[PDB]
**Student:** 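My questions all concern the structure below.
Chains are lettered A, B, ... in the order of the sequence lines. Numbers in chain A come straight from the PDB entry, and the residues shown are 137-403, 418-742, in order. Numbering, chain B: per the PDB entry, residues 876-1295 in sequence. Just so you know, ligand 1 is whichever comes first in the structure, and atom 1 is the first atom listed for that ligand. Heavy atoms only: backbone and side chains are in, while hydrogens, waters and symmetry mates are out.
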Amino acid sequence: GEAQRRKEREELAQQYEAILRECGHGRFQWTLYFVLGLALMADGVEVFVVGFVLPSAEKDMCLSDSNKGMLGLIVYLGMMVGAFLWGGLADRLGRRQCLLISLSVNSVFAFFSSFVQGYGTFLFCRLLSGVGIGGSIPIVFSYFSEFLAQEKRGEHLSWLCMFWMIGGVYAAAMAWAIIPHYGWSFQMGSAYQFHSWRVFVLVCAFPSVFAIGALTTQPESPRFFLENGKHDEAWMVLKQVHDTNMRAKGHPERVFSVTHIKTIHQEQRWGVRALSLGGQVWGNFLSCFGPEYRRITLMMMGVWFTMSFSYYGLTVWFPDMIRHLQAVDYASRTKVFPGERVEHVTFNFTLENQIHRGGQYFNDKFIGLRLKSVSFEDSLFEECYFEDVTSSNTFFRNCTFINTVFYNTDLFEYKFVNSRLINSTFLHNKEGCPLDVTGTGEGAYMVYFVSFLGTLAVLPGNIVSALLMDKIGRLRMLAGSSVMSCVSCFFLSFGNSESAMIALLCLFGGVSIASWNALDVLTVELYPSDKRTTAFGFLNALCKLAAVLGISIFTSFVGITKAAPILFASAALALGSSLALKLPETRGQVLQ
Amino acid sequence: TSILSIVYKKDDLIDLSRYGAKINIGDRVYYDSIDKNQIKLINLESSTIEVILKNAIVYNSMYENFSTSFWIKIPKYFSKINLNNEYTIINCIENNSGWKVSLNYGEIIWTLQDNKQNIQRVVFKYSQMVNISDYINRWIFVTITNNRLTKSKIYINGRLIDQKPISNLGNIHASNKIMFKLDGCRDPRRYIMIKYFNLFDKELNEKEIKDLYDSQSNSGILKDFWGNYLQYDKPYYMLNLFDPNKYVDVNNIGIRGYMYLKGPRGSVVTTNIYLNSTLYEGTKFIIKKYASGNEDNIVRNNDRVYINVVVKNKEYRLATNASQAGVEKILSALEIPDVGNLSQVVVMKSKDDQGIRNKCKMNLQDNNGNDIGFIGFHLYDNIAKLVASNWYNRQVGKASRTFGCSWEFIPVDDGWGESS
Ligand SMILES: *[C@@H]1O[C@H](CO[C@@H]2O[C@@H](C)[C@@H](O)[C@@H](O)[C@@H]2O)[C@@H](O[C@@H]2O[C@H](CO)[C@@H](O)[C@H](O)[C@H]2NC(C)=O)[C@H](O)[C@H]1NC(C)=O
Ligand SMILES: CCC[C@@H]1CC(=O)N([C@@H](CC)C(N)=O)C1
Ligand SMILES: *[C@@H]1O[C@H](CO)[C@@H](O)[C@H](O)[C@H]1NC(C)=O
Ligand SMILES: *[C@@H]1O[C@H](CO)[C@@H](O)[C@H](O)[C@H]1NC(C)=O
C-alpha cells in the first residue's frame, strides 16, 4: 500500500517537472513573482508599525510600562498564531484562497486599528492583523515554488526575498515622511483625536490591499489541484502558463502537448465541516512527524528556532543599546547647582537637564516655565506661586512646600516623591496622564535612519545568494552564513559608541540574510506538496515564538553587560549551524 | 424628663429644667452674632463654663441609666501638632470617677469610669482624607445613652455608631459640678462650638433620639454647608450633592450665555493630615430678599427671593425665558436693570410636604405664581447645563429619587482655613 502511494507520488512529481521544463521560464513566472513580492512586502512592512508609532501612541493613549512591551510583542504573537493556522488550512483550501483570506483579514484589522482610540481594542486589532499577516511567508513561498523547474529553483526563490527588504525601506521612508508632522490635529468627534501616526498606520496598511488586488488575477497552483484529485483545472492552469510563456517569448503558435496528467486517487453541517477540516489538518500535522519525516522535522525545528532567536534578539538589542548610550551621555551632561537663596522675584526660564539642590526660595512666583529633566532636591518653598508650569521628567524630592499655590500646573502627585506639603492648594490642574510617560523629540529622526540602514545592509548579501544559490548549494550557503553570523556576534564586543553600534547592526544584517534565504529554500524543497504549507507554517510559528523569547531576553539584557547577549547569540547560531550541516541535500532534485 | 438644659437668654445661659443649676461663665467665652445660642470655647484658661446641679440629682447609683445630648462643631485639624492629642471638652470626673467627652484627631470619645478605675470608651471616628466630609467643621448631633444593665451607645445625627458592654463596670460616682472647657490641648489656636446640651435620667431609644433630633434641628430655617443659618447679602459658593466634583461656572453674560458645571475641583493637601477637595471654586451666589417681611437676615422656608450671581466681582441676576423649547430650560445670568419680565422669583425649600427636613432646594416660579420648576442640572452634548424643570416636582409627587435638585451653600469660614 505504501509502496504504491510512493510510486504514484514520485511519478506525478516527475511528470510535473517534465511539464514545467517544457513550458519554460518566462512572463508568467515573473508576473507571479511580482504579485507574491507584494504579498511579502506587506509582511515586511507589518513588523515596523508598532515600533514606529509607540513614541506617539504612548502619549496619545497614556501608555504605561507593561503595556508598551505587550504592544510590541502582540504582532509576533499574532504572526505565531496566523502562520500555523493558515499553513494548516492551505493544504486543504488552496494556497491562493488562504492567501486571499489571510491578507484580507490583515487589511481589515489594520484599517480598523488606525481609528481605534482605546488600548485593549488597539491590542485586539493589532493581534488580529498579525494573525492575518502571519501566513504570508509560508503560503507565498510554497505557492511560488510550484511554478519553477529544477534547473533554477534556489535562485528564483531567493530572488523573492528582495521584497521583504523593500517593505522595510518603505516603512522607514513612510515613518520619516509622515510621523514628524506633529502639528496635524484633524478633529472628527470632540472626544477623539486624529494624529499623524494614524496616517502612518493607514499608509502602512496600504501594501496589503495592493497585494490582494494583485493576487485576484493569478491562478491556483496546479500541484494543489493534482494532489486533491482535480485534474481538469490543473491542466487548464498549466495550459495558461504555457500560452503566456510562449506568447511572451515570441512563438504564439505551438500547442500544449500534454493531454493527460496522472492524479492522486481520492478515497450542524457547518460543525461537521469544521470538525472534518480540523481532523484533516491534525492528520497532516501528525504525518509531518512521521517515520519518513522525523529527523528532518526536528533538525528544521532546531535551525529555525536558533536562527530566529539570535536574529530577533540582536535586532531588538541594537536600538536599545543605542538608546542606552544616548541616555548615558545625556545624564553625563547634567548640571548641578548646590544651594541657592532666592528672594522676591518673578521666575521665567526653560531649563534642560539640571539638578538644583538645597534651594531656599521665599515668595517666588514661577510664571510660564517649561522643565525638561529638571530635578529639585532638598529644597524649601514658602509662599511661592506656580503658574503655567509644564514639566516632563521633573521631580520634587525631599522638598517642603508651605503656603504655596499651584495654579494651572501639570505638577501631579507622582512628581512629589518623599515631599511634604503644608497648607498648599492645587487649582485648575492641567489635563495629563496619571503616571510618567517620558518624551521623544527630534531623536526619533535618526532612529528611522538607523532602521533604513539596517534594511539596506540586507541588499548586498541577498544578491550574492541570488547569484550563487544553485552554484554551491543550500546547505553550504546556510552553514557559511551562520558561521559569519557567529563571527559577527563575537565581534560585537568591539563597539561602545553609536556609530560602532550602527556599523555592527549593518554588518550583522548583511551577513545573516544569506542564511535566511538558504533556510527558506531548504524548507520549501524538503517537504512534499501535500504537507509543504503545513510544515512551513509550523516552522514559522516556531520562528515567531523564538522571536518572542529572544526579544524578551535581549531587552532584559540591555545596560547590564555585553557578554550575555554575545554568548547567547553565538551559542544559538553555533547550534543552528551544527544542526543544519546534517540536513539532506536538495539541489538538483525534482520538487517531490 | 430633662434634668439639665442650657439655653441662651438675655446675656446669660439658663437651665430650662426645674432645678436651678448655677451656671458661671468665663470672660473669654463667645457667642455667635446670628445664633447666640451657640457657644464658642477657645483653648484658654479663662474660656470656661461651670454648671452646678443639686445634691438630689447627682449620679451616684449603680443601676441608674442616663443619657446626654448636644450639638458640636469642630474645625479642621491643620498640622501635625494635633495627632495623639486627646483633650477633654466636657468633664464630670471627681476622685477618679465619672463621665467625660473628649476629642482627638478625627475622634469623638465618650469615657465612663467607676470607683474601681475601670475605663469604658465609646468612640466615633471620621476621616479627614475624604473629598467632601460630613463632619469636618459642620454641626454634629451627638447623643450618648447608658443602660447599666446592657450597654453604652453613641449616636451621630440620630444613627447608631458604636456600642460597648458596661455590665462589668461597678458603682459610678459623678461630680457635683460639670465642666465646659478645653483641657489638655497642645494646640494653642484650637476651639470648639457646643450648643443645646440636654441631660436625661433614662436611656433614650431610637424613637426619642430621632424626634429630639428633628425638634432641635430647626427644620423651618434653611442651613448652609456648615449647618448655620442661611442669610441674605452673603456670597455663597454652590455645591451639587449629585455631582460634587464640579462647580457652577459661567462663560458669557446674558441670554445667549449659560451657566454650567465645570470641573474637576482642586485639592488642599497637608501630607497625611488632610486631602480635602477645594470648596471655594466657582461663582458666588447671593440671596436678595424680595417678599420676606421678617426683619432679620435669616432665610426661612417658603421664602420668595432673588439670586444674584457674582462674576468677576460684578453682580448679575438669575433669570430664564419662560417660553422656550422643552421643559428643562436653561438658566442665565443677566444684567440687573435689563431683566424686564423674565422669571426671577425663586422659592427656597428646606423641608418636604410632610415636614421631613432635607437639603436646600430652589424652585423657580414666574411672576404669575406658576412653578417653572426645581433648579437642577441636565446634560446637553457633554455639558452639564443648569436648567429649571418640572421633572423634579413630578418625581417628588411620585416619591421617586430626584437627581440634582439638592444644593449646598458654602460661605467662607475660618474653620475650613482654605486660601481663596
Ligand atoms: C494652615 O492654615 C490655617 C488656616 O489659615 C488659612 O490658610 C492658610 C493657607 C493661609 O492662606 C492663611 O492666610 C489662611 O488664614 C492656619 O490656621 C489659622 O492660622 C491663622 C494664622 O494666620 C490663625 O489666625 C487662625 O486662628 C488659625 N486657625 C486655626 C483654626 O487654627 C494654620 O495655622 C496653618 N498651618 C500652619 C502650620 O501654619
Ligand atoms: C535579515 C534576514 C532575517 C529576516 C527575518 C525573517 O523573518 N525573514 C524572512 C524573509 C522573508 C524569512 N522567513 O526568511 C528575513
Ligand atoms: C516670560 O515672561 C513674559 C511676561 O511675563 C512672557 O510673555 C513669556 O512668555 C515668558 N517666557 C516664557 C518662555 O514663557
Ligand atoms: C533630606 O532628606 C534627609 C533624609 O533623607 C533629611 O535628613 C533632610 O532633613 C532632608 N532635607 C531637608 C531640607 O529637610
**Student:** Help me with this one: what macromolecule has the most contacts with ligand 2, named as in UniProt?
**Tutor:** Synaptic vesicle glycoprotein 2A
**Student:** Quick check: which of primidone, acifran, brivaracetam, cytarabine, tranylcypromine is at ligand 2?
**Tutor:**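 Out of the options, brivaracetam.
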**Student:** Which other polymer chains sit within a heavy-atom distance below 4.0 Å of brivaracetam (ligand 2)?
**Tutor:** A
**Student:** Which UniProt-listed transmembrane segments of chain A, counted from the N terminus, lie under 4.0 Å from brivaracetam (ligand 2) in heavy-atom terms?
**Tutor:** 4, 5, 7, 8, 10
**Student:** Show which residues surround brivaracetam (ligand 2) within 4.0 Å on heavy-atom distance.
**Tutor:** A:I273, A:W300, A:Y461, A:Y462, A:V608, A:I663, A:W666, A:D670
